Enquirer: 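In this model we see meropenem (bound form) bound to Penicillin-binding protein PbpB.
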Amino acid sequence: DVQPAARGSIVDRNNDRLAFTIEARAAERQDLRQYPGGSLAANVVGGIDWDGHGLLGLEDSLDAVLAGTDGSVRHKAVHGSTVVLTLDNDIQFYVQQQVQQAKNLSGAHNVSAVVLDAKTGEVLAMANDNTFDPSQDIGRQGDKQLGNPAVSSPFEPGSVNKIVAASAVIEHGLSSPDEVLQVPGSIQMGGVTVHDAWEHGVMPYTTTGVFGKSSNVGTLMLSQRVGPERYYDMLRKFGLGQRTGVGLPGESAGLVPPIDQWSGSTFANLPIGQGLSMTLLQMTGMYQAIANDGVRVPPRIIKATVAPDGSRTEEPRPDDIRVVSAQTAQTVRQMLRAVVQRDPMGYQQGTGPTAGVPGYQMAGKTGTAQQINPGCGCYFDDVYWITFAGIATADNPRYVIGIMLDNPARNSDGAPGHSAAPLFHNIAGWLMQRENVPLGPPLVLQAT
Ligand SMILES: *C(=O)[C@@H]([C@@H]1NC(C(=O)O)=C(S[C@@H]2CN[C@H](C(=O)N(C)C)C2)[C@@H]1C)[C@@H](C)O
Ligand SMILES: [Co+2]
Ligand SMILES: [Co+2]
């Protein structure tokens, strides 16, 4: 009497299959969910329950689309639609493997990475270490990552947030890349004292150098020119504190204190990336706005759905959001090249030279942010999120990469330190090579 719907499949942007169903026998007939990639993108895809309905991930959140509706006799069975993701399995597989061995090498508790298409904001890879395998029983995998931290688990971004300040001073005409500043080693601001990560007297950093060397004092001086209201406004335009709408269950909104509630010291913290939280996707989404000539396209991971007859409906495109002008966005991309610039004499070296890839105009930003000690309700001294976000490339934006490491003891490649810059190098360089992308004067970070 019952006519069963056949579960639809989940495929990547090139119709490469991630999840699909085969017919078997046991209550006699029995559908078997196949995951040919094992753990590949399982943070996104999810897994099935014993009854063949989704248990978690997109298998669950899109279950209605994928399961269809059983028929009877007459009511015709509505077979499940196939879901096409924006993911590129080749990119996802490379990125997911690099994330796992950045975790092993660095000693971090967890690692995640997001790659967005620069122009559309489509999610090309989203990965975390320790990803579970939905072809095996989930009750055997308590030691595994079953979820999707890149959207669910916010963190404080540290100096990667300084893209907001850079964008605001350039957009409002308050400074220019070549302005020579005078940056003391510390200032008193809103009742507190902010210090640069290195002791120094007054340095003649250019505005480019303030972000290239990640000077907190320089960042806050420039942020004083912007003001709290224009700064908070730019935070919101970059999409912070708000869900992206990417189409994945468990998305966190992060946390941005609304301006009417700031304490006297909020403005001394937010511009350098403390006192607010965001997900890795929001973080990467900020750099996508600058990559896309100032126009933020909220990221999306559903590309389309295919009906059982074979007809294809594209997912509707989210509306653009103008954050800064194209001229401003191009200026910020060029400035962020200083972060990855090498200088043997040290003077004109950024904080992330290992993130540079010779022959390409890589641009990016390093971050280190203290975490909150759960017992004192205060910051740890020596527990950090490490972050990096960057654009490949400044002159031709194609890819946007965001990375977070939860408290590594070493670099992402295993050398002493605690930088994610080498992970960006690996991924960004590989994206250029695999597409045979073809290959000016040094930037001035520090004047005389
Ligand atoms: C931003 O994350 C903080 C400052 N900017 C940077 C930076 O982007 O590199 C740092 S961390 C810098 C690099 N590694 C040095 C170090 O002493 N360690 C190995 C821990 C210092 C600044 C702290 C901003 C939030 O203060
Ligand atoms: Co009827
Ligand atoms: Co290399």
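Position 1 is the first residue of the sequence, and the numbers go up from there. Per the header: X-ray crystallography, 2.3 Å. Just so it is clear, the values below take in all heavy atoms, side chains as well, and ignore hydrogens, waters and symmetry mates. Counting starts at 1 for both ligands and their atoms, in listed order.
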Enquirer: Which ligands or chains belong to meropenem (bound form)?
Expert: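 The drug sits at ligand 1.
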Enquirer: What residue-atom pair is the covalent partner of meropenem (bound form) as deposited?
Expert: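 The covalent link runs to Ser159 OG.
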Enquirer: Pull out every atom of meropenem (bound form) sitting under 4.0 Å from any heavy atom of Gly367, numbered as shown with elements.
Expert: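 By the 4.0 Å cutoff, the relevant atoms are 2 (O).
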Enquirer: If you count the atoms of meropenem (bound form) from 1 in the order shown, which ones are under 4.0 Å from a heavy atom of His418?
Expert: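 Meropenem (bound form) atoms under the 4.0 Å threshold to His418: 18 (N), 19 (C), 20 (C).
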Enquirer: Just heavy atoms, cut-off under 4.0 Å: does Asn216 contact meropenem (bound form) by side chain, backbone, both, or neither?
Expert: side chain
Enquirer: By number and element, which atoms of meropenem (bound form) are closer than 4.0 Å to a non-hydrogen atom of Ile272?
Expert: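 So the atoms of meropenem (bound form) that pass are 25 (C).
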Enquirer: Would you say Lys162 has any N or O atom under 3.5 Å from an N or O of meropenem (bound form), going by distance alone?
Expert: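 Between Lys162 and meropenem (bound form), no N or O pair is found under 3.5 Å apart.
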Enquirer: Strictly less than 4.0 Å: does any protein heavy-atom distance to atom 13 (C) of meropenem (bound form) fall in that range?
Expert: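 There is no protein heavy atom less than 4.0 Å from atom 13 (C) of meropenem (bound form).
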Enquirer: What protein heavy atom sits nearest atom 10 (C) of meropenem (bound form), and how far away is it?
Expert: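 That would be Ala197 CB, 4.2 Å.
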Enquirer: Taking distance alone, with no angle check, do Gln274 and meropenem (bound form) share an N/O pair under 3.5 Å?
Expert: no
Enquirer: If you draw a 4.0 Å sphere around every atom of meropenem (bound form), which residues of other chains have a heavy atom inside it?
Expert: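 Non-hydrogen contacts come from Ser159, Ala197, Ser214, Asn216, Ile272, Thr351, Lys365, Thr366, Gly367, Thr368, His418.
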